[PDB]
Student: 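This entry shows SQ109 within the model.
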Amino acid sequence: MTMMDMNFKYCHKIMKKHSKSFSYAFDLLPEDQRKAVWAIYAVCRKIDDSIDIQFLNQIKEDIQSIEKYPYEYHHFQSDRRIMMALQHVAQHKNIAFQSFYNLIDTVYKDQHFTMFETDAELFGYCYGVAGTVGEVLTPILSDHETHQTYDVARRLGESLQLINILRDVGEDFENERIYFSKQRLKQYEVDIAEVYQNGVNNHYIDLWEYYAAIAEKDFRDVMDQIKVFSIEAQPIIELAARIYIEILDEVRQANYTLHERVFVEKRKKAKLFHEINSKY
Ligand SMILES: CC(C)=CCC/C(C)=C/CNCCN[C@H]1[C@@H]2C[C@H]3C[C@@H](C2)C[C@@H]1C3
(Lines of atoms letter the chains of each structure in order from A and count residues from 1; the text may use other names and numbers.)
(Lines give C-alpha, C1' and ligand atoms only; values in the text may rest on other atoms or scores of the structure.)
Protein backbone atom coordinates (compact mmCIF):
# COMPACT_ATOMS: atom_id res chain seq x y z
CA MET A 1 0.00 0.00 0.00
CA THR A 2 1.66 3.16 -1.28
CA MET A 3 1.07 6.51 0.45
CA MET A 4 -1.31 7.67 -2.26
CA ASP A 5 -3.25 4.44 -1.66
CA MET A 6 -3.57 5.36 2.00
CA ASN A 7 -4.99 8.73 0.97
CA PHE A 8 -7.60 7.13 -1.28
CA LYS A 9 -8.44 4.71 1.52
CA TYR A 10 -9.06 7.61 3.88
CA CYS A 11 -11.42 9.01 1.20
CA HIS A 12 -13.07 5.61 0.95
CA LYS A 13 -13.68 5.49 4.71
CA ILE A 14 -15.25 8.95 4.71
CA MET A 15 -17.66 7.85 2.00
CA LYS A 16 -18.99 4.55 3.44
CA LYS A 17 -19.34 6.18 6.84
CA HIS A 18 -21.53 9.02 5.59
CA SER A 19 -23.55 7.73 2.61
CA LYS A 20 -24.19 4.00 2.50
CA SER A 21 -26.18 4.21 -0.72
CA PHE A 22 -23.74 5.92 -3.08
CA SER A 23 -20.95 3.98 -1.46
CA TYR A 24 -22.67 0.66 -2.09
CA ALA A 25 -23.20 1.54 -5.74
CA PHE A 26 -20.02 3.39 -6.63
CA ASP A 27 -17.63 0.92 -5.05
CA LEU A 28 -18.72 -1.45 -7.83
CA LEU A 29 -16.81 0.62 -10.39
CA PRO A 30 -13.41 -0.37 -11.78
CA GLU A 31 -10.57 0.39 -9.33
CA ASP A 32 -9.45 3.58 -11.13
CA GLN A 33 -12.88 5.19 -11.38
CA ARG A 34 -14.11 4.36 -7.92
CA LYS A 35 -10.99 5.83 -6.37
CA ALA A 36 -11.60 9.07 -8.27
CA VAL A 37 -15.19 9.01 -7.02
CA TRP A 38 -14.13 8.41 -3.40
CA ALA A 39 -11.89 11.45 -3.70
CA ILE A 40 -14.49 13.77 -5.23
CA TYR A 41 -16.94 12.64 -2.58
CA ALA A 42 -14.62 13.31 0.34
CA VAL A 43 -13.82 16.77 -0.93
CA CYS A 44 -17.55 17.40 -1.22
CA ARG A 45 -18.27 15.95 2.24
CA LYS A 46 -15.59 18.15 3.75
CA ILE A 47 -17.12 21.18 2.11
CA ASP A 48 -20.49 20.16 3.58
CA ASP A 49 -19.10 19.93 7.10
CA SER A 50 -16.72 22.93 7.08
CA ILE A 51 -19.58 24.51 9.06
CA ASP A 52 -19.12 22.76 12.42
CA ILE A 53 -15.71 30.33 7.73
CA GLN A 54 -11.99 29.65 8.11
CA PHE A 55 -11.83 26.00 7.07
CA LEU A 56 -14.01 26.53 4.01
CA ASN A 57 -11.72 29.22 2.61
CA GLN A 58 -8.81 26.80 3.18
CA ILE A 59 -10.56 24.10 1.13
CA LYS A 60 -11.24 26.65 -1.61
CA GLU A 61 -7.64 27.76 -1.61
CA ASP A 62 -6.42 24.15 -1.81
CA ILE A 63 -8.72 23.53 -4.76
CA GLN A 64 -7.34 26.62 -6.53
CA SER A 65 -3.73 25.59 -5.88
CA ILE A 66 -4.52 22.38 -7.76
CA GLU A 67 -6.45 24.02 -10.59
CA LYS A 68 -3.62 26.29 -11.61
CA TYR A 69 -0.59 24.24 -10.48
CA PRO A 70 -1.66 20.60 -10.91
CA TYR A 71 1.88 19.15 -10.98
CA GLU A 72 3.52 21.24 -8.25
CA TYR A 73 3.76 20.17 -4.62
CA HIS A 74 1.42 21.97 -2.22
CA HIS A 75 1.25 22.24 1.55
CA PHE A 76 -2.52 21.94 1.82
CA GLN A 77 -4.18 24.03 4.51
CA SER A 78 -7.20 21.78 4.89
CA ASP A 79 -7.07 17.98 4.57
CA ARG A 80 -3.78 16.82 3.05
CA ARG A 81 -4.98 13.28 2.30
CA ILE A 82 -8.11 14.50 0.53
CA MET A 83 -6.29 17.14 -1.46
CA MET A 84 -3.45 14.76 -2.39
CA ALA A 85 -6.01 12.35 -3.80
CA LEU A 86 -7.91 15.11 -5.57
CA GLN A 87 -4.71 16.36 -7.16
CA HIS A 88 -3.81 12.87 -8.36
CA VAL A 89 -7.25 12.65 -9.98
CA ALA A 90 -6.92 16.06 -11.68
CA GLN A 91 -3.62 14.98 -13.24
CA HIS A 92 -5.46 12.34 -15.22
CA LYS A 93 -8.95 13.76 -15.76
CA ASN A 94 -10.53 17.09 -16.72
CA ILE A 95 -12.14 18.32 -13.45
CA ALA A 96 -14.69 21.14 -13.65
CA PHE A 97 -13.27 23.28 -10.90
CA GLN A 98 -15.94 25.97 -11.39
CA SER A 99 -18.46 23.40 -10.14
CA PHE A 100 -16.57 23.01 -6.89
CA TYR A 101 -16.59 26.81 -6.57
CA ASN A 102 -20.33 26.75 -7.26
CA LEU A 103 -20.80 24.16 -4.57
CA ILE A 104 -18.73 26.18 -2.15
CA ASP A 105 -20.49 29.47 -2.91
CA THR A 106 -23.76 27.67 -2.24
CA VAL A 107 -22.50 26.46 1.14
CA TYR A 108 -21.32 29.92 2.22
CA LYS A 109 -24.91 31.00 1.48
CA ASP A 110 -26.57 28.43 3.73
CA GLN A 111 -25.50 30.40 6.82
CA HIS A 112 -27.74 33.24 5.61
CA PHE A 113 -30.48 30.70 4.99
CA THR A 114 -33.69 32.30 3.84
CA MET A 115 -36.61 30.19 2.63
CA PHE A 116 -37.15 30.01 -1.11
CA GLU A 117 -39.88 32.19 -2.61
CA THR A 118 -40.37 29.94 -5.59
CA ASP A 119 -39.52 26.43 -6.80
CA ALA A 120 -37.04 28.07 -9.17
CA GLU A 121 -34.73 29.09 -6.34
CA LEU A 122 -35.29 25.66 -4.84
CA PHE A 123 -34.10 24.20 -8.12
CA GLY A 124 -31.12 26.58 -8.26
CA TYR A 125 -30.14 25.40 -4.82
CA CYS A 126 -30.40 21.76 -5.93
CA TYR A 127 -28.04 22.76 -8.69
CA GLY A 128 -25.46 24.43 -6.49
CA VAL A 129 -25.38 21.70 -3.88
CA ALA A 130 -25.80 18.59 -6.01
CA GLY A 131 -26.05 19.37 -9.71
CA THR A 132 -22.52 20.62 -9.31
CA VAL A 133 -21.52 17.24 -7.91
CA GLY A 134 -22.89 15.60 -11.07
CA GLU A 135 -20.82 17.92 -13.24
CA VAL A 136 -17.59 17.13 -11.40
CA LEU A 137 -18.20 13.38 -11.76
CA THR A 138 -18.87 13.47 -15.49
CA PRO A 139 -15.29 12.91 -16.73
CA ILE A 140 -15.04 9.91 -14.40
CA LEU A 141 -18.26 8.28 -15.57
CA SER A 142 -17.91 8.73 -19.33
CA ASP A 143 -15.14 8.38 -21.91
CA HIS A 144 -16.09 11.30 -24.15
CA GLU A 145 -17.87 14.08 -22.27
CA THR A 146 -20.33 16.15 -24.25
CA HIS A 147 -22.80 18.81 -23.10
CA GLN A 148 -25.32 15.94 -22.99
CA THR A 149 -23.33 13.93 -20.46
CA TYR A 150 -23.01 16.97 -18.22
CA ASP A 151 -26.68 17.80 -18.66
CA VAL A 152 -27.80 14.29 -17.63
CA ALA A 153 -25.41 14.11 -14.63
CA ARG A 154 -26.54 17.57 -13.63
CA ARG A 155 -30.16 16.45 -13.71
CA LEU A 156 -29.47 13.19 -11.92
CA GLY A 157 -27.80 15.03 -9.04
CA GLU A 158 -30.51 17.62 -8.70
CA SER A 159 -33.06 14.85 -8.69
CA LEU A 160 -31.17 12.96 -5.95
CA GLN A 161 -30.98 16.13 -3.85
CA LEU A 162 -34.73 16.54 -4.22
CA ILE A 163 -35.26 13.01 -2.94
CA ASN A 164 -32.91 13.78 -0.08
CA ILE A 165 -35.14 16.75 0.76
CA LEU A 166 -38.26 14.66 0.48
CA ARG A 167 -36.71 12.28 3.00
CA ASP A 168 -35.44 14.71 5.62
CA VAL A 169 -38.47 16.98 6.06
CA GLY A 170 -38.59 16.19 9.81
CA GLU A 171 -34.89 16.45 10.62
CA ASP A 172 -34.60 19.49 8.41
CA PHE A 173 -37.37 21.38 10.19
CA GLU A 174 -35.74 20.70 13.57
CA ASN A 175 -32.57 22.30 12.27
CA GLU A 176 -34.67 25.31 11.29
CA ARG A 177 -34.64 24.51 7.59
CA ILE A 178 -37.39 24.02 5.04
CA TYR A 179 -36.73 23.54 1.34
CA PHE A 180 -40.29 23.49 0.06
CA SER A 181 -40.91 26.92 -1.55
CA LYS A 182 -43.15 29.55 0.02
CA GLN A 183 -45.01 29.75 -3.27
CA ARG A 184 -45.77 26.06 -3.14
CA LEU A 185 -46.54 26.02 0.59
CA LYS A 186 -49.12 28.76 0.18
CA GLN A 187 -50.60 27.12 -2.91
CA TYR A 188 -50.96 23.74 -1.18
CA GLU A 189 -52.00 25.35 2.11
CA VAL A 190 -49.27 23.84 4.27
CA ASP A 191 -47.44 24.83 7.42
CA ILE A 192 -44.43 22.66 8.23
CA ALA A 193 -44.36 23.47 11.97
CA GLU A 194 -48.03 22.56 12.27
CA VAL A 195 -47.69 19.17 10.62
CA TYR A 196 -44.53 18.58 12.66
CA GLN A 197 -46.80 18.95 15.69
CA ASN A 198 -50.01 17.22 14.59
CA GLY A 199 -48.86 14.59 12.13
CA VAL A 200 -49.66 14.48 8.44
CA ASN A 201 -52.79 15.40 6.47
CA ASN A 202 -54.09 15.36 2.89
CA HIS A 203 -52.53 18.75 2.02
CA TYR A 204 -49.02 17.68 3.02
CA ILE A 205 -49.15 14.41 1.12
CA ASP A 206 -50.27 16.38 -1.90
CA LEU A 207 -47.39 18.87 -1.62
CA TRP A 208 -44.92 16.09 -0.95
CA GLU A 209 -46.23 13.99 -3.84
CA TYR A 210 -46.12 17.06 -6.06
CA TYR A 211 -42.36 17.31 -5.56
CA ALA A 212 -42.01 13.51 -5.66
CA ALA A 213 -43.56 13.38 -9.12
CA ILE A 214 -40.83 15.80 -10.20
CA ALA A 215 -37.93 13.73 -8.89
CA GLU A 216 -39.50 10.63 -10.45
CA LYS A 217 -39.80 12.34 -13.85
CA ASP A 218 -36.21 13.55 -13.88
CA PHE A 219 -35.27 9.99 -12.91
CA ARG A 220 -36.79 8.51 -16.08
CA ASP A 221 -35.31 11.16 -18.37
CA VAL A 222 -31.97 10.19 -16.90
CA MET A 223 -32.57 6.47 -17.34
CA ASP A 224 -33.68 7.13 -20.92
CA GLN A 225 -30.33 8.83 -21.51
CA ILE A 226 -28.19 6.49 -19.43
CA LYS A 227 -26.30 5.80 -22.67
CA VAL A 228 -24.27 9.01 -22.28
CA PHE A 229 -22.23 7.15 -19.67
CA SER A 230 -19.52 4.56 -20.10
CA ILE A 231 -20.63 0.94 -20.23
CA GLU A 232 -19.13 0.05 -16.85
CA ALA A 233 -20.84 3.03 -15.15
CA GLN A 234 -24.34 2.77 -16.63
CA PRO A 235 -25.39 -0.14 -14.38
CA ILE A 236 -23.80 1.57 -11.35
CA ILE A 237 -25.47 4.93 -11.95
CA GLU A 238 -28.79 3.19 -12.51
CA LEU A 239 -28.30 1.21 -9.33
CA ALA A 240 -27.47 4.40 -7.43
CA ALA A 241 -30.58 6.01 -8.87
CA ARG A 242 -32.97 3.11 -8.27
CA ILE A 243 -31.88 3.02 -4.67
CA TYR A 244 -32.59 6.70 -4.10
CA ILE A 245 -35.92 6.29 -5.87
CA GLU A 246 -36.86 3.36 -3.65
CA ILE A 247 -36.53 5.82 -0.77
CA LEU A 248 -39.61 7.50 -2.13
CA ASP A 249 -41.60 4.33 -1.43
CA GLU A 250 -40.01 3.96 1.99
CA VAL A 251 -41.38 7.38 2.97
CA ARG A 252 -44.92 6.53 1.85
CA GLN A 253 -44.51 3.24 3.69
CA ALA A 254 -43.85 5.14 6.90
CA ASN A 255 -46.76 7.40 6.08
CA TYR A 256 -44.52 10.44 5.59
CA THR A 257 -43.40 10.70 9.22
CA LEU A 258 -41.48 13.80 10.16
CA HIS A 259 -39.95 12.24 13.25
CA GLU A 260 -37.83 9.42 11.82
CA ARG A 261 -35.31 8.96 9.02
CA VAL A 262 -36.33 6.17 6.68
CA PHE A 263 -33.73 4.02 4.89
CA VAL A 264 -33.32 1.24 2.36
CA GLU A 265 -32.00 -1.96 3.93
CA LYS A 266 -28.71 -3.20 2.53
CA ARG A 267 -30.55 -6.41 1.59
CA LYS A 268 -33.01 -4.46 -0.58
CA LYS A 269 -30.09 -2.73 -2.31
CA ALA A 270 -28.73 -6.12 -3.40
CA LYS A 271 -32.17 -7.07 -4.66
CA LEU A 272 -32.23 -3.95 -6.85
CA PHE A 273 -28.70 -4.66 -8.05
CA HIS A 274 -29.82 -8.15 -9.06
CA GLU A 275 -32.86 -6.75 -10.87
CA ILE A 276 -30.54 -4.35 -12.67
CA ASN A 277 -27.50 -6.65 -12.74
CA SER A 278 -29.69 -9.33 -14.36
CA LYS A 279 -30.03 -7.61 -17.72
CA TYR A 280 -26.54 -6.08 -18.07
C1 LIG B 1 -23.98 11.59 -6.88
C2 LIG B 1 -24.54 12.74 -7.63
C3 LIG B 1 -24.58 12.75 -9.13
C4 LIG B 1 -25.04 13.72 -6.85
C5 LIG B 1 -25.01 13.60 -5.49
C6 LIG B 1 -25.51 14.85 -4.86
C7 LIG B 1 -26.15 14.71 -3.49
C8 LIG B 1 -27.33 13.79 -3.20
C9 LIG B 1 -25.62 15.57 -2.53
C10 LIG B 1 -25.94 15.83 -1.22
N11 LIG B 1 -25.91 17.30 -1.11
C12 LIG B 1 -25.58 17.75 0.24
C13 LIG B 1 -24.66 18.96 0.14
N14 LIG B 1 -24.52 19.62 1.46
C15 LIG B 1 -25.58 20.56 1.84
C16 LIG B 1 -25.03 21.93 2.17
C17 LIG B 1 -26.13 22.88 2.58
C18 LIG B 1 -26.81 22.32 3.80
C19 LIG B 1 -25.82 22.24 4.94
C20 LIG B 1 -24.67 21.35 4.51
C21 LIG B 1 -24.02 21.94 3.30
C22 LIG B 1 -25.14 19.97 4.14
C23 LIG B 1 -26.20 20.04 3.07
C24 LIG B 1 -27.33 20.93 3.51
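Residues displayed in chain A correspond, in order, to the PDB entry positions 1-52, 57-284. Whatever order the structure lists them in is the order used to number ligands and atoms, beginning at 1.
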Student: If I want every instance of SQ109, which ligands or chains should I look at?
Tutor: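 It maps to ligand 1.
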Student: Per UniProt, what is the name of the chain that shares the largest number of close contacts with SQ109?
Tutor: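 It is bound most extensively to 4,4'-diapophytoene synthase.
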Student: Binding site of SQ109: which residues fall under 4.0 Å, heavy atoms only?
Tutor: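 With non-hydrogen atoms counted, the site is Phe22, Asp48, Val111, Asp114, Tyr129, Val133, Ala134, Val137, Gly138, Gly161, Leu164, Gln165.
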Student: Which UniProt (2E,6E)-farnesyl diphosphate-site residues in chain A are within 4.0 Å of SQ109 on a heavy-atom basis?
Tutor: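 Among the UniProt binders, by heavy-atom distance, it comes to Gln165.
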Student: Using a 4.0 Å cut-off to any heavy atom of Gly161, which atoms of SQ109 qualify?
Tutor: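 Taking each heavy atom of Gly161 in turn, SQ109 has 3 (C), 4 (C) under 4.0 Å.
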Student: Does this PDB entry show a covalent bond joining SQ109 to the macromolecule, and to which residue and atom?
Tutor: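 There is no covalent bond to a chain.
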Student: Of all the non-hydrogen atoms in the protein, which one sits nearest to atom 6 (C) of SQ109, and at what distance?
Tutor: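 Going by distance alone, atom 6 (C) of SQ109 is nearest to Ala134 CB, 3.5 Å.
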Student: Would you check the N or O atoms of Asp114, main chain and side chain alike, for any that come under 3.5 Å of an N or O of SQ109?
Tutor: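 No.
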Student: List every atom of SQ109 that sits less than 4.0 Å from any heavy atom of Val133, numbering the atoms from 1 in the order shown and giving each element.
Tutor: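 Those of SQ109 that fall under 4.0 Å from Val133 are 11 (N), 13 (C), 14 (N), 15 (C), 16 (C).
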Student: Would you mind checking which non-hydrogen protein atom is closest to atom 11 (N) of SQ109, with the distance to 0.1 Å?
Tutor: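 Answer for atom 11 (N) of SQ109: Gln165 OE1, 2.8 Å.
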Student: Which Mg(2+)-contacting residues per UniProt in chain A have a heavy atom closer to SQ109 than 4.0 Å?
Tutor: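 By heavy atom, within 4.0 Å of SQ109, the UniProt hits are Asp48.
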Student: What atoms in SQ109 come closer than 4.0 Å to a heavy atom of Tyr129?
Tutor: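 So the answer, numbered in order with elements, is 17 (C), 18 (C), 24 (C).
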Student: Could you say whether the N/O atoms of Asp48 and SQ109 ever approach to under 3.5 Å?
Tutor: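 Yes - when backbone and side-chain N and O of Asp48 are compared with those of SQ109, one distance drops under 3.5 Å.
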Student: List every atom of SQ109 that sits less than 4.0 Å from any heavy atom of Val111, numbering the atoms from 1 in the order shown and giving each element.
Tutor: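 Selected atoms, number and element: 16 (C), 21 (C).
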Student: At what distance is the nearest protein heavy atom to atom 5 (C) of SQ109, and which residue and atom is it?
Tutor: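 Nearest protein contact, heavy atoms only, for atom 5 (C) of SQ109 is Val137 CG1, 4.0 Å.
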